[PDB]
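Throughout, numbering of the chain's residues begins at 1 and tracks the sequence. According to its header, the structure was obtained by X-ray crystallography, 1.4 Å. Just follow the structure's listing: the first ligand is 1, and inside any ligand the first atom is 1.
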Amino acid sequence: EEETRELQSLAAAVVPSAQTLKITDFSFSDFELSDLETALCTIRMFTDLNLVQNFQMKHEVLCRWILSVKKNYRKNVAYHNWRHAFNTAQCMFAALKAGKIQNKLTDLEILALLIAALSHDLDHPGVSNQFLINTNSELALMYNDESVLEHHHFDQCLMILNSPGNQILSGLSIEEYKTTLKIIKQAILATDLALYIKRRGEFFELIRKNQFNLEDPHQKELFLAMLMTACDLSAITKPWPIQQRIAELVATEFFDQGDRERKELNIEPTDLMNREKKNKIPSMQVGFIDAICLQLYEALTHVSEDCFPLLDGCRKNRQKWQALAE
Ligand SMILES: CN1CC(=O)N2[C@H](c3ccc4c(c3)OCO4)c3[nH]c4ccccc4c3C[C@@H]2C1=O
Ligand SMILES: [Mg+2]
Ligand SMILES: [Zn+2]
């Protein structure tokens, strides 16, 4: 059996230190890592956030859950595959550690954020919410056209958490378990960019008006949503060669969707999904950075100055894309 060898290899491995694995670095790249090494990095994230000890996760179970999460990404989807989920979780770990966010959060919040980061795009089909709506997908019907994909990712997350041998939350008390699942749902839903756009104004205004207070539960929840977005988008902050390579993957995925829209919907794709108009990429990247990314990384730096490297990297990529666009 093939998946058994994977598990036995993972569970038998000594997990290298976070220092060795370079996972505290906001500039981290996964490109040179094997799948087994990404799994070992994930075990280290749970370990160094004190989650294994605290919640008494059995090693074999954590290993199985990680491998189940990885298997439930679609490997041939160009961008939304396990490496994107892994990178998102690594950004979350770096923000908590290097970015000094950890001590602002509870143990349950940290547990939920890590699980959510890893699970937030599970079973992604490589097409957008709008595409699912337009092709009358049953998922869109079930979820009333609202955060369609994200509902599905959450459903998948729960399925894996409940699967025999994978129950990494089986040790929590009833009140802790309830609380954790609620946070996970909110965290995964927050990764719908439409929800980020809807809610970010309140976050930015709280900050601007000197009203931001993490002791307020509603504001804590809002902050967690923003932090999820920040991690989900973090490829846009990476050193140029890394960001360029990842941007090519996203383009491949999006252009694939446009091809499907021409065939299935008989419509010209929007520029973002139109390979015929790939000349628009630089200008679209600048526009995305300016409209969606910069304000978020600026706000995050306001919350914790040690998150500044995300903003610095974002600004550097803006400059590089704009040099291409102009
Ligand atoms: C909805 N939406 C809008 C959008 O404009 N983008 C960007 C982008 C910009 C220009 C592009 C592009 C993606 O693909 C084709 O040309 C963009 N740039 C990245 C760099 C790295 C990783 C993901 C992205 C995305 C993802 C992101 C997105 O999800
Ligand atoms: Mg998503
Ligand atoms: Zn994502």
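Counting heavy-atom pairs under 4.5 Å, the chain with the most contacts to ligand 1 is listed in UniProt as cGMP-specific 3',5'-cyclic phosphodiesterase. The name given to the drug at ligand 1 is tadalafil. Residues of other chains with a heavy atom under 4.0 Å from tadalafil: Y79, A235, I236, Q243, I246, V250, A251, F254, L272, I281, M284, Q285, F288. Residue, atom and distance of the protein heavy atom nearest to atom 12 (C) of tadalafil are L272 CD1, 3.6 Å. The protein heavy-atom contact nearest to atom 25 (C) of tadalafil is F288 CE2, 4.1 Å. At the shortest separation from atom 14 (O) of tadalafil among protein heavy atoms lies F254 CD2, 3.5 Å. Here the protein heavy atom with the shortest distance to atom 16 (O) of tadalafil is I281 CG1, 3.4 Å.
The protein heavy-atom contact nearest to atom 22 (C) of tadalafil is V250 CG2, 3.5 Å. Remark: tadalafil and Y79 share no N or O pair separated by less than 3.5 Å (distance only, no angle test).
With a cut-off of 4.0 Å around tadalafil, no other ligands or ions are picked up. Per UniProt, the 3',5'-cyclic GMP-binding residues of chain A include some within 4.0 Å of tadalafil by heavy atom, namely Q285. Interface atoms of tadalafil facing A235, defined by a heavy-atom separation under 4.0 Å, are 21 (C), 22 (C). Across chain A, the UniProt domain dominating contacts with tadalafil is PDEase.
Within a heavy-atom distance under 4.0 Å, tadalafil reaches no UniProt Zn(2+)-binding residue of chain A. Lab note: nearest UniProt active-site residue of chain A to tadalafil, heavy atoms, 1 Å precision, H80, 6 Å.
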Where does tadalafil get N/O contacts under 3.5 Å from the protein, atom by atom?
| unit_1 | atom_1 | unit_2 | atom_2 | d |
| --- | --- | --- | --- | --- |
| tadalafil | 18 (N) | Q285 | OE1 | 2.8 |
| tadalafil | 18 (N) | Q285 | NE2 | 3.3 |

